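By convention here, the first residue in the shown sequence is residue 1. All heavy atoms count here, side chains included; hydrogens, waters and symmetry mates do not. Start at 1 and go down the list; that is how both ligands and their atoms are numbered.
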Amino acid sequence: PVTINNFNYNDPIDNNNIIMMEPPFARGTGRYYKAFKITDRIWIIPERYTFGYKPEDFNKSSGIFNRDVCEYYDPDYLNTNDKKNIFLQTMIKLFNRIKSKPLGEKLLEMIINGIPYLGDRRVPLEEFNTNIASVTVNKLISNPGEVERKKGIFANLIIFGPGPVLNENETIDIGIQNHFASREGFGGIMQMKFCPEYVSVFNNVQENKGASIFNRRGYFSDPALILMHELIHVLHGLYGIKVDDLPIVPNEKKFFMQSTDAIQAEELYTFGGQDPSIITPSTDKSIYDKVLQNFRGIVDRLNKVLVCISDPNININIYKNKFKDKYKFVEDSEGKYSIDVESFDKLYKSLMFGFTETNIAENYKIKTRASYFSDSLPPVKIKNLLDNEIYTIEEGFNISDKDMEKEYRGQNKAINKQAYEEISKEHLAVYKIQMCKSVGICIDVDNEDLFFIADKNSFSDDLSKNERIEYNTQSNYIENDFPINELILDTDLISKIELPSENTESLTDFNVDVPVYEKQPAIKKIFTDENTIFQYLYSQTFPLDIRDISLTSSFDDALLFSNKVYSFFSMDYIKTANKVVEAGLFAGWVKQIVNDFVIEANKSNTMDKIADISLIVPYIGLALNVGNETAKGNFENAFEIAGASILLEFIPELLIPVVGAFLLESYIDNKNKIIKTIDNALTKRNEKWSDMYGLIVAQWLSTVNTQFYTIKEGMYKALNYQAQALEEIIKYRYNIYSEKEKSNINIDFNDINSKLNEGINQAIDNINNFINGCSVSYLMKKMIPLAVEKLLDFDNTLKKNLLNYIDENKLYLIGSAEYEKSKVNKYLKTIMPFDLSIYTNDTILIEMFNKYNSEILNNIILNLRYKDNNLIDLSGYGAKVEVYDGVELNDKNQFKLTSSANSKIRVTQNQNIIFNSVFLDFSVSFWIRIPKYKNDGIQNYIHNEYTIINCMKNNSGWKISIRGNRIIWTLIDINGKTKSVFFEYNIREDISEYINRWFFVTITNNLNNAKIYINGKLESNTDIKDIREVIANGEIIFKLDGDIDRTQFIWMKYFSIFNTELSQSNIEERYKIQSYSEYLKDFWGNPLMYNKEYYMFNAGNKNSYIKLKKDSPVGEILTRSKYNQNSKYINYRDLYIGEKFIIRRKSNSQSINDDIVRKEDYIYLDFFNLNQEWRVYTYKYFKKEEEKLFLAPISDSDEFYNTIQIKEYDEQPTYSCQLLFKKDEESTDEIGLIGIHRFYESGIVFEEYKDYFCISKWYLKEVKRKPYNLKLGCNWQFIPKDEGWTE
Ligand SMILES: COc1cccc2c1C(=O)c1c(O)c3c(c(O)c1C2=O)C[C@@](O)(C(=O)CO)C[C@@H]3O[C@H]1C[C@H](N)[C@H](O)[C@H](C)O1
Ligand SMILES: [Zn+2]
């Protein structure tokens, strides 16, 4: 077990556990430091770390040491014995807390036992040299006032107090002659600068910190975790694996890019969590190999070490046994040490992926920042770590007795204020970028708030190198994971070999490199007239010396005037917010504007389903003007067009290497070796794909996802400024009143704040979901495809390479050069589907990915929509769309294909989309309007089949075609095998619901079936089991092709494709979504229009029509005439019959030209009687429950109702609509609905029943029933003349 020692600063020096040490960087000169051995090989020096610093640097200046830390200064820390002792007692408490759990004890045990090798690169393989500054440190044995006598000792860790910046903890290693033993397998004395009172503060993004912007927000760190984070560095340094490699460097070419030090993989491994995924698998292996090579040199030394000149006392055997166990080397019967691959593997992973800040936090139930790449807030001072009421060895701050265990309450700044103090800002220093405009006017932005964008150079191009494939060659994958459970239960990790005595010969060679630090400007001034995220966020603030402000939608006035603040909320919200009222109305106004704030913020949940976008936060553009000037125009629209890319401040230049060639080595006459090779080249091929994916993930995380992070924070800040501004205004208006009035004003400022804060949290959640959605979108559509492209090119190049190989050895393969010839094709046929979870196990990142893949709309690989008189693909995959001259396009997304050759659309699909799922799994949806057959051309109509959409590549693919009243879907696999499914509508109906009328089509394909849906309902099915591979990513041609009549045309709308089979539910939903409109429709399915002649149709009496009765002002109902010719294939009822009606608008006299009819509009229903325009009327005073409508010339009579409100009571899609007569617009008094009534007529001559055009109250209740009665006599449809229908 581990034993923590105990002592007080004032305890006497005994030259054993309390000594006068001579620190490595002292170079054998200068005074000594009283040091205490807290545990074996570990020392604590309770004093400021001054090595490499200037005495003045300890004071706060206009400089800074690190560009990414809100630095705290206080040169008095540790300036008295009592302060030192407190430092000591605190370190002791922390070490005890660390060992309070297995995982911590083991980390400590590994460190104590991980003694530095005796020597470094300069030392001969046969020697042990303790006389170097990385192995031995001295202690002054003689009395005070003279360095006369000194003894050398071995040591693993020396922990000092903090350097200039107290909250800037760092673990330091020893360099000698430009080299580091702690980076080359040896390990070396580690040093640390640590401060336990002043800890970091972090605030979880997707999470709330007490859920309230008005209270302190965030969480403070458990110093024990901060210490264990440093200890992990020590561990790495002690085992000599703290190696360097290709780092993550930030791009600093643009002014909005965050500037900072290069981040080594060793750092990200130490943090754990998602950070390791920012290190490409390529670089993971580079490091792996470097460490393994270091261990080989050390293991070779153990087989050659013979003596130790520096210290005649060193027992050669004892150390050989210690290092053998330290490095987990395998000995052998003779004493020959060698490396065991399994054991090495386990040790390496334990050190780089087991002991991580992330794993230790989860284990000690301590909260920490979600990622290394997270904004850094101001640090706080812990009041008293030595007070068990605030901090305990067992639980830290999260004490269950104080009910501070759940949700890390003890670390919550808004909840555990009795545990910490805020810091005096006048002691903090941060690196800022002073953004100035060319005039002058400047805004300060903390470097921390900028976008961190990894530069291209941060990534390895090892994928572009060639590789030799031999019967040997095997695949190599490094797991950035490690089961902490086995690590904690591991029985051999922790050594049980004697720890050598720490006493040895004094160090005489003080040669060592000592770092030199120095501050740099805390402010860097740049020039830019750009008004991006920083300026926009600024426009939303106001000086502390101003209390009277007014909101404005004008960004420019907001910057110009200090009393004007910018707001991205609605114009109505801004006017109300600036409204000044009487004290007697203040309360009302407060509730009103606060309620508005919530509604405005709540718009973050806006849907845009018609555009195949479930979530959109319309105001993000106005809020930050981030990326491609998203503050101009309509964001939603600009988003539907370019998508997530428009939100990025910068489009990274990705590194996507041309995968190196495979040099295959052949073995003549060997049936086994030659084969083994091929198989290995196959598996190695997979390592290439995976490695390419990891390369992408790493770039996505450090160049893209970081930008979206900055945007999420930007919105949290923007929404916050808005709440505070409203807070300011309210405070100001209230305080204008007298105390007498305030007493009678009913306001609860805590309720106002509670509601404002709630609306914000609700918005933050939407924004987070939205933004994470975008980020994953960019990964899958803008990054994965560019990689798939290369990998596919590599495959082909490898395909021939392998065949040509199975070719040259066709001899030494005899009757098998074939069995594998295919093996190569069938293998390079199936590709590896991307899976983010393979490159990371971070829960948040996985949920983002799964959430994305569960949204059916992300399966759209083509979506042709209209934009600026043209069709473009808005799927996000960038298909090229060529629309030729013979195609007609309207802004209602309708496109017409005619008989002319130039009436076609060429679509070149994206070749890099995993479409070939290996069984055929995709859907196609679209609306179509197919004209009626010409009566004089029925024969050709039912006989000639013609293609309309063709997608073929290598005589394989799919096709949509038409033959008369039948639409057909056809599949053709690579073998030329064909399967079809079709939907044919009847052409002998009095009234067809399809002929020349818009309707929704949906075709789905899965391994077994090809199904066709019409208007959401399944119509046909075809077993497609035999069909083999079908190539569907070929070019798509929209064009009427076949033996068609010159007049033959076709209308289509919303053509889209999904790389998956849609369910009956997804389809029914798409039908409803695409059917929706504010306006009503006409019989054909087009928008109902004002001032357009229409014949009237009645869904409750199909074959009936209205006619003005000869002798009376009523409309009789006659039977529609039918198809007179003699064909046996056709039958219908005339539609161009009866009166010709025309809908007139009731309000705003903007003339009588045209316009769309919208639900609930008030109209006049007129019609033409010869050369005059008449109107439909209702006698106001009828007592019966229905009467004949009154048709007569246009006139104003107080005895007749002439105003109609066009309605839509059906909740499901329909082209029918209803006509309601109301007393007047305002009145809720309903007269009745227009329909048809049968009356009995008995005259001196004729006795019969006759139907008339009527109004009736009966329908009022009928239209409320569910499901909606489509047969009701009050359901009408308007039919206008249409080239698609001739009778
Ligand atoms: C126990 O039934 C009733 C009791 C009291 C009042 C009522 C009714 C009633 O059944 C009823 C109706 O069925 C209808 C109407 C109605 O007003 C009432 C009552 O007031 C109105 C209607 O005739 C229209 O002209 C619509 O524009 C439609 C409908 O008539 C049906 C039957 C008619 N004879 C005719 O066949 C018509 C075409 O359909
Ligand atoms: Zn670190």
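- PDB records give the name of the drug at ligand 1 as doxorubicin.
- Among all chains, the one with more heavy-atom contacts to doxorubicin than any other is, according to the PDB entry, botulinum neurotoxin type B.
- Of all the atoms in doxorubicin, the ones that sit under 4.0 Å from a non-hydrogen atom of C1254 are 25 (O), 27 (O).
- Closest heavy-atom approach to atom 35 (C) of doxorubicin within the set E1262, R1238, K1257, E1187: this belongs to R1238.
- An N or O contact shorter than 3.5 Å links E1185 to doxorubicin by distance.
- Proximity by heavy atom, under 4.0 Å to doxorubicin, holds for these of the UniProt ganglioside GT1b (d18:1(4E))-binding residues in chain A: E1185, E1186.
- Annotation: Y1252 places no N or O atom under 3.5 Å from an N or O atom of doxorubicin; distance criterion only.
- The heavy atom nearest to atom 28 (C) of doxorubicin, considering only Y1249, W1258, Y1259, is found in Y1259.
- Checking the UniProt active-site residues of chain A against doxorubicin, the nearest by heavy atoms (to 1 Å) is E230, 83 Å.
- A heavy atom under 4.0 Å from doxorubicin is present in the following residues that UniProt lists as binding D-galactose in chain A: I1236, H1237.
- With non-hydrogen distances under 4.0 Å, the site around doxorubicin consists of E1185, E1186, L1233, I1234, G1235, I1236, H1237, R1238, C1254, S1256, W1258, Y1259.
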Put together the list of close N/O pairs, under 3.5 Å, between doxorubicin and the protein, could you?
{"residue": "doxorubicin", "atom": "17 (O)", "partner": "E1185", "partner atom": "O", "Å": "2.7"}
{"residue": "doxorubicin", "atom": "17 (O)", "partner": "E1186", "partner atom": "OE2", "Å": "2.9"}
{"residue": "doxorubicin", "atom": "17 (O)", "partner": "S1256", "partner atom": "OG", "Å": "2.8"}
{"residue": "doxorubicin", "atom": "20 (O)", "partner": "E1185", "partner atom": "O", "Å": "3.3"}
{"residue": "doxorubicin", "atom": "23 (O)", "partner": "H1237", "partner atom": "ND1", "Å": "2.3"}
{"residue": "doxorubicin", "atom": "25 (O)", "partner": "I1236", "partner atom": "O", "Å": "3.4"}
{"residue": "doxorubicin", "atom": "25 (O)", "partner": "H1237", "partner atom": "N", "Å": "3.0"}
{"residue": "doxorubicin", "atom": "27 (O)", "partner": "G1235", "partner atom": "N", "Å": "2.8"}
{"residue": "doxorubicin", "atom": "27 (O)", "partner": "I1236", "partner atom": "N", "Å": "3.1"}
{"residue": "doxorubicin", "atom": "27 (O)", "partner": "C1254", "partner atom": "O", "Å": "3.2"}
{"residue": "doxorubicin", "atom": "34 (N)", "partner": "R1238", "partner atom": "O", "Å": "3.4"}

